[PDB]
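Structure (with deoxycorticosterone).
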Amino acid sequence: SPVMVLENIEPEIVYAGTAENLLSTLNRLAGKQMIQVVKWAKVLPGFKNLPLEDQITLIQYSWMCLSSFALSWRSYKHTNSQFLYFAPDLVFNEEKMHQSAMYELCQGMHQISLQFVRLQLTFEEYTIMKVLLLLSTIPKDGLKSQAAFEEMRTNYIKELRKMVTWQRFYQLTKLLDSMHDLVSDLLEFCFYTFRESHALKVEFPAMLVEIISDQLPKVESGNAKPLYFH
Ligand SMILES: C[C@]12CC[C@H]3[C@@H](CCC4=CC(=O)CC[C@@]43C)[C@@H]1CC[C@@H]2C(=O)CO
C-alpha cells in the first residue's frame, strides 16, 4: 500500500526569487522548500502516527539530507544531471558554483545527481529512499517512541527491497550512506555561515534560524547519531 500513497503525496515546485547574494538567496529558497517538506511528511504512512514531538525532531535532523537529495532528483529530472537545478529561476552552472564560494559542496551534490542518472533511478526508488533519509538521523539516546520508530523504519527498508528485487539494493543504500558524508560537510559550512552571518552578510529566513538554532549545539556535540546501512 505505501508505494502508492507515497507517490500521491509528492510536492510540486518552489521558486528562489556574489557569494553573499547567492548564499542568502539559497537560504531563502530553503526556508520556503521546508514548508513543502513538512506537508509531504505530515501525510507519510507510519510516520504521521508518531507523537508530534518525534516528527519535529526527525525533520530538523534531516532537513539538509532531504534538501540535498531532492535537489539531485530535480537536477536529474530537469537537466539530465548536467546542472544543479535548485529552482526554475536558479539553476547552477559550473560558474555559479565557484561564484557561490561553495564549489566543492556543489560538486558533491552534483556527483549524487550523476549517480541517479548512472543508476537510472526511478521515482519509486526515490520516494522510498527519501523516506529513509527522513528516518536516518536520530538523537544519540533515541526518541520517545523508539520501538515504533524502528519497526516502521525497518519496514520501509524491506519495502525498498521488494522494490528493487541485490546489487541494486546495495547500490541504493550505499548512496544513502554517502548522503550522510556530504550532509556533514554542508552542515559545517551552514553552521559557519550561520554563526558568522553578520560578518559574512549571509541571511537566514526565520524557519531556518529556528531549525539551525537547535541543530548545531547538539550536532557539534555528537548527539545527532547518523544511521548507516553498511
Ligand atoms: C545551507 C546552504 C544554503 C541552502 C541550500 C544548502 C544545500 C542543499 C539545498 C538544496 C535546495 O534545493 C534548497 C537550498 C539548500 C537547503 C547549502 C549548503 C551550505 C549553504 C550555506 O550554509 C549558506 O548560508
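Here the PDB entry sets the residue numbers for chain A, with the shown residues being 737-753, 761-908, 918-982 in order. Method reported for this entry: X-ray crystallography, 2.3 Å. Start at 1 and go down the list; that is how both ligands and their atoms are numbered. Note: hydrogens, waters and symmetry copies are ignored here, and every other heavy atom, side chains too, is used.
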message = Help me out: which chain holds the greatest share of contacts with deoxycorticosterone, per UniProt?
response = Mineralocorticoid receptor
Considering the heavy atoms of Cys942, write down every atom of deoxycorticosterone situated less than 4.0 Å from one of them.
1 (C), 22 (O)
Which UniProt domain of chain A gets most of the contacts from deoxycorticosterone?
NR LBD
Consider every N or O of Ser811 and every N or O of deoxycorticosterone, then say whether any pair is closer than 3.5 Å.
no
Original post:
Which 21-hydroxyprogesterone-contacting residues per UniProt in chain A have a heavy atom closer to deoxycorticosterone than 4.0 Å?
Top reply: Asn770, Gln776, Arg817, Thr945
Next on the checklist: Quick check on contacts: which atoms of deoxycorticosterone are under 4.0 angstrom from a heavy atom of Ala773?
Outcome noted: 14 (C), 16 (C)
Problem set entry | Residues binding progesterone per UniProt in chain A, non-hydrogen atom under 4.0 Å from deoxycorticosterone | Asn770, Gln776, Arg817, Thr945
- Task: Would you mind running through deoxycorticosterone and noting each atom that sits below 4.0 Å from a heavy atom of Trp806?
- Result: 16 (C)
Should you measure from each heavy atom of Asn770, which atoms of deoxycorticosterone turn up under 4.0 Å away?
1 (C), 2 (C), 3 (C), 4 (C), 23 (C), 24 (O)
4.0 Å heavy-atom contacts with deoxycorticosterone:
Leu766, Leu769, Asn770, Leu772, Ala773, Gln776, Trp806, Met807, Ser810, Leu814, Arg817, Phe829, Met845, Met852, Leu938, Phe941, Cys942, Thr945, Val954, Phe956
